[PDB]
Amino acid sequence: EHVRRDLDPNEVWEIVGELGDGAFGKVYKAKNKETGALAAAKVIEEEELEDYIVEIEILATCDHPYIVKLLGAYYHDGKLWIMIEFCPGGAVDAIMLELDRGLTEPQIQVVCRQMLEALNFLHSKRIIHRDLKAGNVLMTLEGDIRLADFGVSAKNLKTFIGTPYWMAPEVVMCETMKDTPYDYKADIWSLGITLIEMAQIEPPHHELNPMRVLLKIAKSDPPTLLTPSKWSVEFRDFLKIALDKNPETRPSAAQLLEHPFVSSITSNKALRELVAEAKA
Ligand SMILES: COc1cc(Nc2c(C#N)cnc3cc(OCCCN4CCN(C)CC4)c(OC)cc23)c(Cl)cc1Cl
Ligand SMILES: [Cl-]
């Protein structure tokens, strides 16, 4: 549940390959030498270290099925190693790319439902995820999601990829955000944008340069689905309430769980069918 300075990671873990590409940085597939357990590993090279300690303490102290598990954190030579539960389905954005299509509404409903439960969990503990997007929603073969990353990939990219298309309007110009009573609501806006991304492959304003996107998010009316006819009234209403520019009136994850779009979702079937198809 923390970082081990007294251990060399190469005693525990063998590197067997690379996952994705893909800016944000190098992600390694690792295999435990004792157990055979698989991990995704990021290997990042005390003032550039306590940046990551908050994220590792989070991933350690979160016991929830829809959040990724920390399998090990090591500090050896100059590098910080973070070993995370391997999610064999990979990221949702990578799946949409493979199949050259967006998710169906039923599939989106499962992801949404599971993301809301995870965020309700995190927000009850005053943890804010800070980087929700399809790229940080990873999948199991059983058709569940795992919320990943928690900001780490963008902090590491800080040493047009990483443009914050998913960022809430109230914080789009901020490097660091104030502690306020509606700070966690920034995740809910990002959830909304992630749903549009899953519906359309790309988030709103994907065509624009990074600077222009900040301004566009700040100024524009909340984004809506490009082709409303394809989508239920529940989906559109859900987006409309989640994508509220005012963070005080924007609903919590608990409130959105009571919305018709997701309140009856009890099976992950649609997601299992999706992952089955991308394996084949
Ligand atoms: C360790 O650190 C981090 C790792 C991650 N990312 C990953 C975590 C985590 N966590 C877990 N598991 C992952 C699994 C992945 O792909 C495996 C499946 C490959 N495809 C299967 C389907 N076939 C057709 C094509 C290949 C993956 O791929 C890019 C990234 C993963 C992030 Cl997002 C942030 C941080 Cl900080
Ligand atoms: Cl603008």
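Starting from 1, each residue takes its place in the sequence as its number. Remember, it's 1-based here, ligands and their atoms both numbered in the order they're listed. Recorded method for this deposit: X-ray crystallography, 2.2 Å.
The drug that appears at ligand 1 goes by the name bosutinib.
Here, the main chain in contact with bosutinib is recorded in the PDB entry as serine/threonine-protein kinase 10. By chain and number, the binding site of bosutinib at a non-hydrogen cut-off of 4.0 Å is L19, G20, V27, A40, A41, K42, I82, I84, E85, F86, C87, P88, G90, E98, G135, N136, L138, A148, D149, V152, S153, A278. For bosutinib and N136, the ligand atoms under 4.0 Å from any heavy atom of the residue are 33 (Cl).
Each of the atoms 1 (C), 9 (C), 10 (N) of bosutinib lies under 4.0 Å from some heavy atom of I84. When heavy-atom distances are rounded to 1 Å, the UniProt active-site residue of chain A nearest bosutinib turns out to be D131, 8 Å. Of all atoms in bosutinib, listed by their number and element, those nearer than 4.0 Å to a heavy atom of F86 are 12 (N), 14 (C), 17 (C). Grouped by UniProt domain, residues of chain A touching bosutinib are mostly found in Protein kinase. For bosutinib, none of its N or O atoms has an N or O atom of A148 under 3.5 Å away. Taking UniProt's list of ATP-binding residues in chain A, a heavy atom lies under 4.0 Å from bosutinib for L19, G20, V27, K42. Heavy-atom contacts of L19 reach the following atoms of bosutinib: 16 (O), 17 (C), 27 (C), 28 (O), 29 (C) (cutoff under 4.0 Å).
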